[PDB]
K.L.:
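Below: one structure in structure tokens.
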Amino acid sequence: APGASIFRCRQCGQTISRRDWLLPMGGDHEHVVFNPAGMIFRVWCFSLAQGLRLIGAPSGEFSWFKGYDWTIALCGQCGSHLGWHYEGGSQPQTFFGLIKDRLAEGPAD
Ligand SMILES: O=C1CC[C@H](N2C(=O)c3ccccc3C2=O)C(=O)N1
Ligand SMILES: [Zn+2]
């Protein structure tokens, strides 16, 4: 009965990722960053995620992770902005950076 197992959208409960899938990018799964609009995000890196909808084509502009280009990742169910999918880089080629406070963590399905 683990209670710290899967991550769902906080707004609607769509299944999104798992604690087992946390990915330590440059030594830490947690990256605290800010965008050009000055919004600060506590980004957790995950090797994998599901239930999102990747919007548009990738961009390298302002990327927080050197070598990676990003696409906005919305909750596929409700449209909540959950984070970004990163691609085009190395080791790994791809991963998700998800905004921690926009997810709810709980027991497995
Ligand atoms: O790695 C990333 C992902 C995208 C993120 N980002 C944003 O959140 C944003 C909001 C408004 C205008 C431009 C941006 C942008 O590049 C950002 O700054 N870096
Ligand atoms: Zn949602």
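This chain uses plain numbering: 1 for the first residue, then up along the sequence. Just so you know, ligand 1 is whichever comes first in the structure, and atom 1 is the first atom listed for that ligand. Computed from heavy atoms alone, side chains included, the values below leave out hydrogens, waters and symmetry copies. According to its header, this structure was worked out by X-ray crystallography, 1.7 Å.
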K.L.:
Which named drug shows up at ligand 1?
P.N.:
S-thalidomide
K.L.:
Help me out: which chain holds the greatest share of contacts with S-thalidomide, per the PDB entry?
P.N.:
Cereblon isoform 4
K.L.:
Which residues and nucleotides contact S-thalidomide at a heavy-atom distance below 4.0 Å?
P.N.:
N35, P36, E61, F62, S63, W64, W70, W84, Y86
K.L.:
Provide the number and element of each atom of S-thalidomide under 4.0 Å from a heavy atom of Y86.
P.N.:
1 (O), 2 (C), 3 (C)
K.L.:
Which protein non-hydrogen atom lies closest to atom 18 (O) of S-thalidomide, naming both residue and atom, and how far is it?
P.N.:
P36 CD, 3.3 Å
K.L.:
Nearest protein heavy atom to atom 16 (O) of S-thalidomide, by residue and atom, and its distance?
P.N.:
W70 CZ2, 3.2 Å
K.L.:
Where is the nearest protein heavy atom to atom 5 (C) of S-thalidomide: which residue, which atom, and how far?
P.N.:
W64 CH2, 3.7 Å
K.L.:
At a distance cut-off of 4.0 Å, which other ligands and ions come close to S-thalidomide?
P.N.:
none
K.L.:
Which residue owns the protein heavy atom closest to atom 19 (N) of S-thalidomide, what's the atom, and how far is it?
P.N.:
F62 O, 3.0 Å
K.L.:
What do you reckon, does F34 have a nitrogen or oxygen under 3.5 Å from a nitrogen or oxygen of S-thalidomide?
P.N.:
no
K.L.:
Suppose we measure from atom 11 (C) of S-thalidomide to each protein heavy atom; which comes out shortest, and what is that distance?
P.N.:
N35 ND2, 4.5 Å
